[PDB]
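Note sheet for the following structure.
Order of sequence lines = order of chain letters (A, B, ...). By the numbers in the PDB entry, the shown part of chain A spans 671-843, 846-919. Using the numbering of the PDB entry, the residues shown for chain B are 741-753, in order. Indexing begins at 1, ligand by ligand and atom by atom, following the structure's order. What's counted below: heavy atoms across the whole structure, side chains too, no hydrogens, waters or symmetry copies.
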Amino acid sequence: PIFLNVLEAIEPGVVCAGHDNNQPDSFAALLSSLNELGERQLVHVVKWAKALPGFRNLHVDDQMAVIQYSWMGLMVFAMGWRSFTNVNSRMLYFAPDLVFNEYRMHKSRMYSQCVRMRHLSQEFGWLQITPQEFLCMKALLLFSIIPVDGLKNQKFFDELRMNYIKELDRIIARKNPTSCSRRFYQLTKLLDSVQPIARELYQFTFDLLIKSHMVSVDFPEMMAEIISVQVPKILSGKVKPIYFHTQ
Amino acid sequence: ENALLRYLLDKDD
Ligand SMILES: C[C@]12CC[C@H]3[C@@H](CCC4=CC(=O)CC[C@@]43C)[C@@H]1CC[C@@H]2O
């Protein structure tokens, strides 16, 4: 299975946030650790994306674009999976050194978002998502959010996305077509559910960036730039998710 | 243009 072989081969390892668990939880400490984790994971997302079949055939400006728009969804989905596989969705496993119980969900001031992410995590159990389905789905999330006015080379993006949809379909395909159809429906619905969550997190981090000096939250280099230049394009509707089903 | 991100994308490592 050439494609799946590649996805498993390139899958990033464990990333720690660097969080001090010996200190009492505070809003500022938790969010500063999340922001650092974001920066660390972004580095891994770039190295991963570059190794995905067909990715480097995109225009370099489109490579930049998809990474800068898709990262929240990619990272949320992966965290949901870690949470499912490591703690049966009981807590949010952001990193081995940054695990959110309900108290931290409250302290973070992102409780509503956390609950939705935990629901997402539970869906991996409820649907019995396989590791191989997870890998293909995550890859597809990189190609699930683009500018409304299209990319630099839309045709190449369209072919790439089409081929990642095909690979997911093949992983699903089960003698009975009705089971394959129900499965594809379930998984595309799950994929779609990532985007509203990512949007709420995008809103939160944008607002937090705008007031970060007031609340003592540190944003690293790339994250602060992405959140001020790219994220508002999502928030203003210039960049939108590609949904399977209508919202 | 995000210079730091483009560097990561351009970098072989
Ligand atoms: C963007 C953010 C920092 C990075 C976080 C994000 C929540 C989702 C998330 C999950 C991860 O596993 C990596 C870090 C990220 C991507 C946080 C929401 C508010 C905070 O500013």
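- In this structure, the drug modeled at ligand 1 is testosterone.
- In this structure the chain with most contacts to testosterone (ligand 1) is the one the PDB entry names Androgen receptor.
- Lab note: other chains with heavy atoms under 4.0 Å from testosterone (ligand 1) -> A.
- Proximity to A:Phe764 (heavy-atom distance under 4.0 Å) selects the following atoms of testosterone (ligand 1): 10 (C), 11 (C), 12 (O).
- Checking A:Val685, A:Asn705, A:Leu704 against atom 20 (C) of testosterone (ligand 1), the nearest heavy atom belongs to A:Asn705.
- At a heavy-atom distance under 4.0 Å, only side-chain atoms of A:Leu701, from C-beta outward, approach testosterone (ligand 1).
- Proximity to A:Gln711 (heavy-atom distance under 4.0 Å) selects the following atoms of testosterone (ligand 1): 11 (C), 12 (O), 13 (C).
- In chain A, most residues contacting testosterone (ligand 1) belong to UniProt domain NR LBD.
- Testosterone (ligand 1) places these atoms under 4.0 Å from at least one heavy atom of A:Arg752: 12 (O).
- The closest protein non-hydrogen atom to atom 6 (C) of testosterone (ligand 1) is A:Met742 SD, 4.1 Å.
- The source organism of chain A, per the PDB record, is Homo sapiens.
- For testosterone (ligand 1), the atoms sitting less than 4.0 Å from at least one non-hydrogen atom of A:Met749 are 12 (O), numbered in the order shown with element in parentheses.
- Residues of chain A that UniProt annotates as binding 17beta-hydroxy-5alpha-androstan-3-one and that have a non-hydrogen atom under 4.0 Å from testosterone (ligand 1): A:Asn705, A:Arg752, A:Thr877.
- In this structure, atom 17 (C) of testosterone (ligand 1) is not in close contact with the protein, since no protein heavy atom lies within 4.0 Å of it.
- Not one N or O of A:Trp741 is nearer than 3.5 Å to an N or O of testosterone (ligand 1), by distance alone.
- For A:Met787, the closest heavy-atom approach to testosterone (ligand 1) does not fall below 4.0 Å.
- Taking every heavy atom of A:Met780 and a limit of under 4.0 angstrom, the matching atoms of testosterone (ligand 1) come to 18 (C), 19 (C).
- At the shortest separation from atom 1 (C) of testosterone (ligand 1) among protein heavy atoms lies A:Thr877 OG1, 3.4 Å.
- Other-chain residues and nucleotides with a heavy atom under 4.0 Å from testosterone (ligand 1) are A:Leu701, A:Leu704, A:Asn705, A:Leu707, A:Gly708, A:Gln711, A:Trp741, A:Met742, A:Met745, A:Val746, A:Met749, A:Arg752, A:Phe764, A:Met780, A:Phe876, A:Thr877.
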Inventory of protein N or O atoms under 3.5 Å from testosterone (ligand 1) N or O:
from, atom 1, to, atom 2, distance (Å)
testosterone (ligand 1), 12 (O), A:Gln711, OE1, 3.3
testosterone (ligand 1), 12 (O), A:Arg752, NH2, 3.0
testosterone (ligand 1), 21 (O), A:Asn705, OD1, 2.7
testosterone (ligand 1), 21 (O), A:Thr877, OG1, 2.7

